[PDB]
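In what follows, a single structure is set out as structure tokens and then discussed.
So for chain A, numbering is the PDB entry's, and the shown residues are 11-203, 265-459, in order. Read the numbers this way: they start at 1 and go in the same order the structure lists the ligands and their atoms. Per the header: electron microscopy, 3.8 Å.
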Amino acid sequence: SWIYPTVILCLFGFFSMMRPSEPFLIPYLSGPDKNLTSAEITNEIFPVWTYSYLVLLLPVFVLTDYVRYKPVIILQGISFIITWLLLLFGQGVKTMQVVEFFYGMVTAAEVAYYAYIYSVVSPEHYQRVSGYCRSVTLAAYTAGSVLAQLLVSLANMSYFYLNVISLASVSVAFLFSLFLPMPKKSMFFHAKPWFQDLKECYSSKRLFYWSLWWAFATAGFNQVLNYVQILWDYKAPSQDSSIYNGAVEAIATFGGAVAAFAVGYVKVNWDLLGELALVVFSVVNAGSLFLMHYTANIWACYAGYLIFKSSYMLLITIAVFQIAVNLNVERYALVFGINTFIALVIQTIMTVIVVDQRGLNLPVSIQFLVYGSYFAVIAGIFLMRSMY
Ligand SMILES: Cc1cnc(Nc2ccc(OCCN3CCCC3)cc2)nc1Nc1cccc(S(=O)(=O)NC(C)(C)C)c1
């Protein structure tokens, strides 16, 4: 039997990721409804989110496999409700950091939400149902951004009612998430029958470098998707010029889907390709960051974000395909959790040095030059690897 938990899971993935006010969030924080300047959003509230995704990574992962995946989705729905009720009714540098704290706990519970597929479905339908759930979530976010563009850019709806629609969507998601079946078995703790268990997978000289590049690229993309909407707000003000953020992020998610669909059908020989395309797409990423930083037109910044997100989705799907060649079921999520923790340590150190208020207190313009130099160092490491 594989019908009804898949149906309820896909309906929650549809009505949970269908959130319209995600591209139009950074004008809502600095608009006439919330008196917040750009520096108070850039250097004070957002990096706390990263803190809430570091400190709440390891215990919530313990909450992933111990209570067997139902209370973590119930907590994710409650966190949806609290997050959007405090977005509609929170003003200040305290309540918005509470919003970012609960959204970091949302992002922590999302990883537990990915692992519900492999623990309620029979093993004849792992990859098919997992790809269907990922496609439903991505298409739900795409349709939500398209609906936001149709309601804001054409139908002329305010942002407050857009967050009201987002609250109604996550409330319907909570009502769908309460009706989930409890799995009696788990993956690690209550499964069917460290100090000396970690050395076996990490006794390599290839998978270590691929996981390290996965970690650096994940930290870089997390910071770029943190501050790319503030870059959009800086290159074009939300109250002065007409901004088209919903359509651009919809086309960006669609292009990431097209990039993943293109990676899923690569019948190209892997003799010289493993040391050829990585350097080229790294130069493309550095040039996209430099094109978004050295420009003044907002349209060039949208195009640079499109090219950068498509190239990152392509490279990261190649990375997930190459790391998960000789991995088991449990070791998949375990090694990805360890690599996610390493990526978050790197992101935390880089955010405290570059972005955080207790420190340099840098504006949003200099930070994109910093991350361009970051990906330039990554491209130089791939160039030195290609010379070998
Ligand atoms: C409702 C909300 C509350 N707080 C925030 N702050 C925030 C802004 C940008 C962030 O960048 C990281 C985005 N995702 C990338 C991987 C997990 C998190 C993380 C947090 N954003 C929010 N909306 C949001 C803004 C940008 C991206 C996203 S997303 O994570 O849902 N992007 C997709 C998963 C759809 C690709 C969501």
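In the deposited model, most contacts to ligand 1 involve the chain that UniProt calls Thiamine transporter 2. The drug candidate or drug found at ligand 1 is named fedratinib. Covalent bonding of fedratinib in this entry: none to a chain. Checking heavy atoms within less than 4.0 Å of fedratinib, the transmembrane segments of chain A hit, in UniProt's N-terminal numbering, are 2, 3, 4, 5, 7.
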